[PDB]
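Structure, avibactam (bound form) included.
Going by the PDB entry, the residues shown for chain A are 27-57, 59-238, 240-252, 254-290, listed in order. Header entry for method reads electron crystallography, 2.3 Å. Atoms within each ligand, like the ligands themselves, are counted from 1 in listed order.
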Amino acid sequence: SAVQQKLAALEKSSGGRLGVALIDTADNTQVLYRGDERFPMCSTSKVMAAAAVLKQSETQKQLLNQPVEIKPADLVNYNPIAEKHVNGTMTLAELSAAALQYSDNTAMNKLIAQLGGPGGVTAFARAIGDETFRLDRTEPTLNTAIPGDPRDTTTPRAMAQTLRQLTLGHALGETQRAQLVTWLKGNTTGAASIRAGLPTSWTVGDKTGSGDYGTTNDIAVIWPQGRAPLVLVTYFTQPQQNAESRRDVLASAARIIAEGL
Ligand SMILES: *C(=O)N1C[C@H](NOS(=O)(=O)O)CC[C@H]1C(N)=O
């Protein structure tokens, strides 16, 4: 298709590997480019972890309000919120918000620990019907993004379907789904990625990620003006380990997708 040829041309000009999955829930149509290839999720895996903790809160009514100790040794490579609360506490709701909206890696590690380790996030993924997602490590090593390494990867198709079930479907209870969507809509890191390729009037909730090998990711629920929502996953990774981020490529893929709508 024209969309397929253009995403292939974008990828070719990018010097890396691009994966895109669109679901149009007005009619459930799909656009896929490398939709079944694995990509390192990096920080976009945080969505799953927050959703898994949200799922826990459905049978632990007071869980999201429960204090967690932030200790000096807990800080990792990017802790814009957690570093403010060292030698203090954050609630799991606060940690979820920090992980999703500011991409705080200490907060992500607290979410992971609340689920019993990376395998608890993977187990939640399996429990909501996602067979492809795997989380294997904590922050920051889940971002190594090594080519051919299946750890901490998913496919665009699997992630699009999962994000749809989490934000628009019924993988979560109604309050938890609304809370997840509220968190995603208040993301602070997304304006250069999918959001930039979409018309300004469209509402986006998203989670960005980045890692080694110039890995540049975004996963978004999109509410276009006057139409049913879209789910759009754009993963991008590059051949050299120290490569620079390329959020403009995610914006370009989103712009190509918007024109095909
Ligand atoms: C997630 O990809 N990470 C956590 C934080 N956010 O990246 S984002 O700005 O693309 O969301 C810092 C970078 C990255 C990491 N390497 O930990």
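Here, the main chain in contact with avibactam (bound form, ligand 1) is recorded in the PDB entry as Beta-lactamase. Near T235, meaning under 4.0 Å from any of its heavy atoms, are these atoms of avibactam (bound form, ligand 1): 8 (S), 9 (O), 10 (O), 11 (O). When each atom of avibactam (bound form, ligand 1) is checked for a heavy atom of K234 under 4.0 Å away, the hits are 11 (O).
Residue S70 approaches avibactam (bound form, ligand 1) through these ligand atoms, each under 4.0 Å from one of its heavy atoms: 1 (C), 2 (O), 3 (N), 4 (C), 5 (C), 6 (N), 7 (O), 14 (C). According to the entry, the source organism of chain A is Escherichia coli. Heavy-atom contacts of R276 reach the following atoms of avibactam (bound form, ligand 1): 8 (S), 9 (O), 10 (O) (cutoff under 4.0 Å). Of all the atoms in avibactam (bound form, ligand 1), the ones that sit under 4.0 Å from a non-hydrogen atom of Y105 are 5 (C), 12 (C).
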